[PDB]
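Lettering follows sequence order; numbering is per chain, from 1. Keep in mind that the numbers below use all heavy atoms, side chains included, and drop hydrogens, waters and symmetry copies. According to its header, this structure was worked out by X-ray crystallography, 1.7 Å. Start at 1 and go down the list; that is how both ligands and their atoms are numbered.
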Amino acid sequence: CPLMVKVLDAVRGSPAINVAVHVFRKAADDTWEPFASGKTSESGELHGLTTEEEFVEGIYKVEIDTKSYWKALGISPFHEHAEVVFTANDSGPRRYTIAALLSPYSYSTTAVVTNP
Amino acid sequence: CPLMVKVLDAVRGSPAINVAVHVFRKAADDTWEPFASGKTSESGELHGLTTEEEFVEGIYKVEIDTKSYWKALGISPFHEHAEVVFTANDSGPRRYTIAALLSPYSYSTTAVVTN
Amino acid sequence: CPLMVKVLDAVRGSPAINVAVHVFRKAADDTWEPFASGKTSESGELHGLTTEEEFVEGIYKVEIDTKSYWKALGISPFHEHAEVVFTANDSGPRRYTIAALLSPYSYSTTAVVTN
Amino acid sequence: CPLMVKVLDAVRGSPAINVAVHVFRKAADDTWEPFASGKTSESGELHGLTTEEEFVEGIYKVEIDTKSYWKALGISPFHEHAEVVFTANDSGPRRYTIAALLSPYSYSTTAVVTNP
Ligand SMILES: O=C(O)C1(c2ccc(-c3ccc(Cl)c(Cl)c3)c(F)c2)CC1
Ligand SMILES: O=C(O)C1(c2ccc(-c3ccc(Cl)c(Cl)c3)c(F)c2)CC1
C-alpha cells in the first residue's frame, strides 16, 4: 500500500467515514488523468488505492470530496474539495499517507512519507 | 475588496512574504480561467485582487505557489502548490478572506466570510 | 502593542467574537500569575493587552476560553480551554501575534513574530 | 488502551518520534496531579499510558513536550509545549486519541473519541 489517506472530523471528534477520494496523475499532455479512487472506511482510512507497480513517478493530485461528505451530514460547507498536489517517487518508491482534518469552513492536511 | 488572501509561515513564525497567488474561475466547459493574481505583501496579505462588480457567484480556485516560496528560503517542500476551491454564494456574507498556514509537508486553510 | 491575539472559527467561517482570553506570566515559584485579559472584538482580535514596558522576557500562558464560546453558540465542545504557552525572548522580533483557529474537537495555533 | 497520543512532524513529513508526553488530572483541591507519562514510538504513537480502571472521570491535561522534541533536533521553537485540556468519561468510559501535528512555530491538535 504505497498511497493511503486518513481523514478525521474536527466537529464530531471522529474519523470522517465514507469520504470519497479521487486521485489524478498529470499526463504527458499536462492534463489530470484519473488514477485511482475510493472511500474512507469506518476508521476514516482509505487503503488499496494503488500498487507499487502502478504508482510510478509523477505529479499526483489527491482530491478529498469534503463538500460531498459535509452535505451528506446535512451541513453546507465552504470548500468544494480539499486538494493535495505533490511529486511522488522521484527518489525511488516511497509510501505516502495523506492525513486530513476537516471542519465546515477549514481543513488541514499533512503528509507522512516513509522509505520502506 | 470582496476577496483577500492572507498567508502565514509555521516554520519561521512570520507572514509568508512574496508568495505568488493565482485565482481562477470555473468556466462553462469546466476549465479554470485566470481571474486575478498578485504576490503577498510584507504582512503576508494580498489585497486588491478583484472588485465587487467583477466577483460574481461561481466556483473559484486560489492557487498558492508554496513550492517556490519554500525553495526561495532553501527549504525542501512536499507540495507543488496549495489550492483552495470554493463556491462564492451571494446568500452568505459579502467579504471573503482565504487564510492559509504553511509548513513544508502540511498546510491548513480556513475561510473568514463577513459583512 | 507587543502582544495581540486573533481567533477564528472554523465551523461558522468567521472571526471568533467575544471570546475571553486570559494571559498569565510564570512567577519565580512556578505558579501562573495573571498578566492581562480581555475579550476578542468583532474582528476576532484582542489588542491593548499590554505595553512594551510591562511585557518582559519570561514564560507566558495565553488561555482562550473556548468552552464558553462554543456553549454560547449551542455547540458541544471537547476542550476546557485552549492554552498557548511560550517564551518571550528579546533576541527575536518584537511584536507577538498569537493566532488560533477553533473547532469543537480541535484547534490550531501559530505565532507571527515580527518587527 | 483508553488514552492514546499520535504525533506527526509537518517539517519532515514523518511521525514525530520520541516526543515526551505528560498527562495530569485535576485533583480535589484544584491542582494538576501527575497521572501518566510516556514517549512516542517510531510510528509517532504512545500507547499504554493508562488502563480502563485507572482512567476515571475527571479533567485531564495532556502536555506534549514540543520544545524538548524540537531542541533535540537542533531547532529553537516557539512554544514550551502543546496542551490539550478536556473533561473525560463524564458519560461513561470512552477511548480518546489525541492527534497532534507540529511545526516550529505552530501546532494543531484534534481528538478522536470512540465508544467501545
Ligand atoms: O494514524 C494516523 O495518522 C491518524 C492521524 C490522522 C490525522 C492526524 C492529524 C492531526 C492534526 C492535523 Cl492538523 C492533521 Cl492534518 C492530521 C494525525 F496527527 C494522526 C491517527 C489517525
Ligand atoms: O488577519 C488574519 O486573519 C490573520 C491570520 C492568518 C492566518 C490564520 C490562521 C491560523 C491558524 C490556521 Cl490553522 C490557519 Cl488556516 C490560519 C489566522 F488565524 C489569522 C492574522 C493575520
Q: Which of the following is located at ligand 1: CHF5074, AZD7762, UK-453061, ICRF-187, 9cUAB30?
A: CHF5074
Q: Help me with this one: what macromolecule has the most contacts with CHF5074 (ligand 1), named as in UniProt?
A: Transthyretin
Q: Mind listing the other chains that have a heavy atom within less than 4.0 Å of CHF5074 (ligand 1)?
A: A, D
Q: List the residues forming the binding site of CHF5074 (ligand 1), heavy atoms under 4.0 Å.
A: A:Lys6, A:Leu8, A:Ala99, A:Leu101, A:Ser108, A:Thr109, A:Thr110, D:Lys6, D:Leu8, D:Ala99, D:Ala100, D:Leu101, D:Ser108
Q: Just wondering, where does the PDB say chain A originated?
A: Homo sapiens
Q: Tell me, which protein residue and heavy-atom name are nearest atom 10 (C) of CHF5074 (ligand 1), and how many Å apart are they?
A: D:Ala99 CB, 4.0 Å
Q: Where does CHF5074 (ligand 1) share space with the UniProt L-thyroxine-binding residues of chain A, that is, which have a heavy atom under 4.0 Å from it?
A: A:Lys6, A:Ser108
Q: What protein heavy atom sits nearest atom 14 (C) of CHF5074 (ligand 1), and how far off is it?
A: D:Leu101 CD2, 3.9 Å
Q: Is any heavy atom of the protein nearer than 4.0 Å to atom 21 (C) of CHF5074 (ligand 1)?
A: yes
Q: What's the shortest distance from atom 3 (O) of CHF5074 (ligand 1) to any protein heavy atom, and which residue and atom give it?
A: D:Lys6 NZ, 3.4 Å
Q: Counting non-hydrogen protein atoms only, what is the nearest one to atom 6 (C) of CHF5074 (ligand 1)? Give residue, atom name and distance.
A: A:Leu8 CD1, 3.4 Å
